[PDB]
S.K.: 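Here it is, the structure, as structure tokens.
Sequence positions, counted from 1, serve as the residue numbers for this chain. Keep in mind that the numbers below use all heavy atoms, side chains included, and drop hydrogens, waters and symmetry copies. Header says: electron microscopy, 3.2 Å. Order of appearance sets the numbers: ligands from 1, and atoms from 1 within every ligand.
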Amino acid sequence: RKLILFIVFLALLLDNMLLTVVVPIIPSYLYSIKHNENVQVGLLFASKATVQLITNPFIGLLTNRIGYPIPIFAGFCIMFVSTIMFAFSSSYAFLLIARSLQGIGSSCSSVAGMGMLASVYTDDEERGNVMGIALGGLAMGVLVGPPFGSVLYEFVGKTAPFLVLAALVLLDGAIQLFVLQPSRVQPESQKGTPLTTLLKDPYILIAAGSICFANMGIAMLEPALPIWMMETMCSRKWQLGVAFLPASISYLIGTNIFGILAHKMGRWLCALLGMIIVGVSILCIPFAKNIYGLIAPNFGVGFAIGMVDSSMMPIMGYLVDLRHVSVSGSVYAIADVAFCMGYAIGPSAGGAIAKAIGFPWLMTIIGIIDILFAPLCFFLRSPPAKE
Ligand SMILES: COC(=O)[C@H]1[C@H]2C[C@@H]3c4[nH]c5cc(OC)ccc5c4CCN3C[C@H]2C[C@@H](OC(=O)c2cc(OC)c(OC)c(OC)c2)[C@@H]1OC
């Protein structure tokens, strides 16, 4: 069980690291190779999220039939294929294919690893701690990703970060042989309430929408910032990923503080404050004209997003416990749908908005939306039960 937890933690870490390594590399690479680009990069970045969203229903149907280890190993293989294609491709179509494949492997590994964790551990006190440790590998991967890719892209070329990540994925796949023996076919049983029934509830809609908008505020920022940083003639040496580093660190700091402070303060008020701070900070991003000017707004963005998430995940758990037949994975299913929809709508519309009216107005619109959604958290002050 320790090895399974480590395997799932490392799988999520490598998935998010591969998702975030391309942020400083590909936009600058496609920007340089040219010398409508915004829309192309937006579609390239949103393809992974939309493919993962589409694939999610068809992975549960596979785990319900052949168990967890086979889709886990298939996810690892797809991750290695995507990593190699990222490493060696130099064309837009191949990069799009590599991004799309990452969605299939990410869905496979996330759904099957989380199910395996939620089913192996029988004691709910142990299961909660285990799933907290494993799900924390996503934010650690997001933190590690950008600076590593930026430094290796500046100093030892574009292929090196992806080759190193491919080696890590190979090591994880070799660990799978020692631990799981993916040839094992296992049964599975379905419990709880179907997701489509939960999404019909307006309160779960409020919480999921808050999370979706809070994370879309940076889903749009991921492909657009490395192109807007060309206004400062910014180099890649300790700059293109270190620009995103403060948000990654502040997310961890804010989650650590407010996962404790929210229960005392109130999760609805905590989420409302987080939404307001997110809006204000992404409004304050465009006015910076130096790399040192992005430290405060990115820190605010990460801190407030961590505040919103720490306030909203227990809120969703409490809501599904009150209103429907809850299971250990319902909160993760709702949050994953919210994240996928946010990261799919973000870049796709952000590219068009940036082309039409520019990046500062894109950030202004997103900040206004994130501020205006905050008052809807008042409906979560005391939600009633249903017959
Ligand atoms: C698509 O998403 C991700 O890439 C992950 C991150 C999303 C977002 C983010 N992206 C960035 C990209 C950057 O590029 C340079 C820089 C900074 C950021 C930040 C800072 C803010 N934030 C950090 C990451 C959050 C992660 O999600 C969880 O940690 C999580 C935890 C849970 O429980 C503890 C869950 O279960 C309820 C759960 O359910 C889905 C998810 C999420 O994985 C699903």
S.K.: Of oleandomycin, vincristine, efonidipine, reserpine, gilteritinib, which one sits at ligand 1?
M.R.: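 Out of the options, reserpine.
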S.K.: I'm curious which chain is the main partner for reserpine in this model - what does UniProt call it?
M.R.: Synaptic vesicular amine transporter
S.K.: What makes up the binding site of reserpine if contacts are defined by heavy atoms under 4.0 Å?
M.R.: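 On a heavy-atom basis, the binding site is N16, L19, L135, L138, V142, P146, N215, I218, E222, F244, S248, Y251, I305, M313, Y332, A335, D336, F339, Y343.
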S.K.: Okay, using a heavy-atom cut-off of 4.0 Å, which transmembrane segments of chain A touch reserpine? I'm counting from the N terminus per UniProt.
M.R.: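 Short answer, by UniProt and heavy atoms: 1, 5, 7, 8, 10, 11.
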S.K.: Using a heavy-atom cut-off of 4.0 Å, list the UniProt serotonin-binding residues in chain A near reserpine.
M.R.: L138, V142, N215, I218, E222, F244, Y251, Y343
S.K.: Mind checking the PDB entry for the source organism of chain A?
M.R.: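 According to the deposit, it's Homo sapiens.
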